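Depicted below, estradiol in association with Estrogen receptor beta.
Order of the sequence lines fixes the chain letters, A, B, ..., with proteins taken first and strands second; residue numbering starts at 1 for each chain. According to its header, this structure was worked out by X-ray crystallography, 2.5 Å. Just so you know, ligand 1 is whichever comes first in the structure, and atom 1 is the first atom listed for that ligand.
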Amino acid sequence: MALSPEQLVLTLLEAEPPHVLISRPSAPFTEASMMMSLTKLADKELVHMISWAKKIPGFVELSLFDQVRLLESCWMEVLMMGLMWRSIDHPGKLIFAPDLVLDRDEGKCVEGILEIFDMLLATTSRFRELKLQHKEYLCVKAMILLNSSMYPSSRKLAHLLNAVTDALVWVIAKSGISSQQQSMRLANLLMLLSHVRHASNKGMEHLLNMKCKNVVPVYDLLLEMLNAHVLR
Amino acid sequence: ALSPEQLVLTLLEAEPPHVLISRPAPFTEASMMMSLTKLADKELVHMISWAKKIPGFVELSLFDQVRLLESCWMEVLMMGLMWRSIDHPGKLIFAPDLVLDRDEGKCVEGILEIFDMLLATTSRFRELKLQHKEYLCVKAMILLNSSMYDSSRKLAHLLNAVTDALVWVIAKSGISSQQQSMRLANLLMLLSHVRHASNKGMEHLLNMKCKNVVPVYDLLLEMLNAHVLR
Ligand SMILES: C[C@]12CC[C@@H]3c4ccc(O)cc4CC[C@H]3[C@@H]1CC[C@@H]2O
Ligand SMILES: C[C@]12CC[C@@H]3c4ccc(O)cc4CC[C@H]3[C@@H]1CC[C@@H]2O
């Protein structure tokens, strides 16, 4: 009942994290400062991602190992999915934050992010061509959280993933297009999940290179967030 | 235009032949990495012929063909491994004369992680009871969906054709309309898991190159340089 399509979307809509306000530094972007304004923004969003995930129906009913498994495997993917939704209507730019809008070429000051920036902009453009809705994005983001763990309590997670899947089918069904067009959109939407995951792995492979070059302190930003923040 | 009933039949005849490695002496870190990279090299030769037999692939520009192959070749090798191993838990059937149990990875540093990813994704396909026709569509979809960025419009048509074929395959099973969307969604979500395995299994091959366990990293490029045209 709480997993009902119309209801689950409303729950997902009310679980959306608040906008994080980070601004540009006064000095021009250097490799150290840009890699710092991005990991600072990521740290703040990861605080809200825990509250968002805990607010998806059934997530708190999962085991503690499964919750950590899902978050550890999806946090970078969820950060990128939210970035592409904020940049969906601004071609050539990445809307990390309202007061932090980065043009593409601005990534020329840090080694190797332009490859990652082009991946994000390309996937964002494909979501623009598909005319991604707001409720498709809410389902897709929740699906990323529930599906990104590989597991290389199990019955409850499978039920939630199917529930969010029913919600995405229900949102597409509201478009009124043909049954064949409804399957095509569902397939075009989910085939992009591979491109988001690819960006998740590549943009994260780049973050490991920055820790080895002593540009950033640590690599696992979720682990860093949890270690530094305190429980109320 | 090919019907979905006719496209699936074309993918069937495009299936590569089986390859043997026959080897070796117990397994070392270098000997196992030698056998797996040597197996991939032999398979990559047949992957070129397989891709060119997918309807419309030869009509794509030469740039597009190389772009798709460079992006998906590890995924295609891994998807083919998963299909061969779908009915044998705990085992990876790389080639006929090379069936590895899960624990046999311990000899190569970091390979157990990749093996468990391949086995777990293989288990999801087994629990889904992946059909032959579904496998043929999915593997073709991996080639045509791997790229990120007149020939571009033709590629979107080919991916639509293979996707329609998959939807047709699911529809002909006679399951509920809600079950048809559920099955299509579960299949395509596993594409992300194939990509994660491809990215991590390739991150691992790069570490084996810096460790000087294997000579080359881009096995597709090494194949095209060494093999000659007829
Ligand atoms: C992970 C990186 C820093 C954090 C960046 C970020 C930071 C916040 C956010 O909401 C999204 C993204 C996506 C791109 C990420 C970058 C890609 C490479 C870089 O290391
Ligand atoms: C890419 C690796 C070598 C080649 C292996 C292979 C080789 C042939 C094949 O058909 C499939 C696979 C998947 C696993 C691959 C391995 C995973 C890690 C290792 O580097």
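Taking 4.0 Å as the heavy-atom limit, the other chains contacting estradiol (ligand 2) are B.
The binding-site residues for estradiol (ligand 2) (non-hydrogen atoms, 4.0 Å) are B/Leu36, B/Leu39, B/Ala40, B/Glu43, B/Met74, B/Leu77, B/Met78, B/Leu81, B/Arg84, B/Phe94, B/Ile111, B/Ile114, B/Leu118, B/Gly201, B/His204, B/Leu205.
Remark: estradiol (ligand 2) and B/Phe94 share no N or O pair separated by less than 3.5 Å (distance only, no angle test). Across chain B, the UniProt domain dominating contacts with estradiol (ligand 2) is NR LBD. Residue contact check: B/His204 has heavy atoms under 4.0 Å from atoms 18 (C), 19 (C), 20 (O) of estradiol (ligand 2). Shown in contact with B/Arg84 at under 4.0 Å from a heavy atom are these atoms of estradiol (ligand 2), numbered in order with element: 10 (O). According to the PDB entry, the source organism of chain B is Homo sapiens. Residue-to-ligand polar distances place B/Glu43 within reach of estradiol (ligand 2): an N/O pair is separated by less than 3.5 Å.
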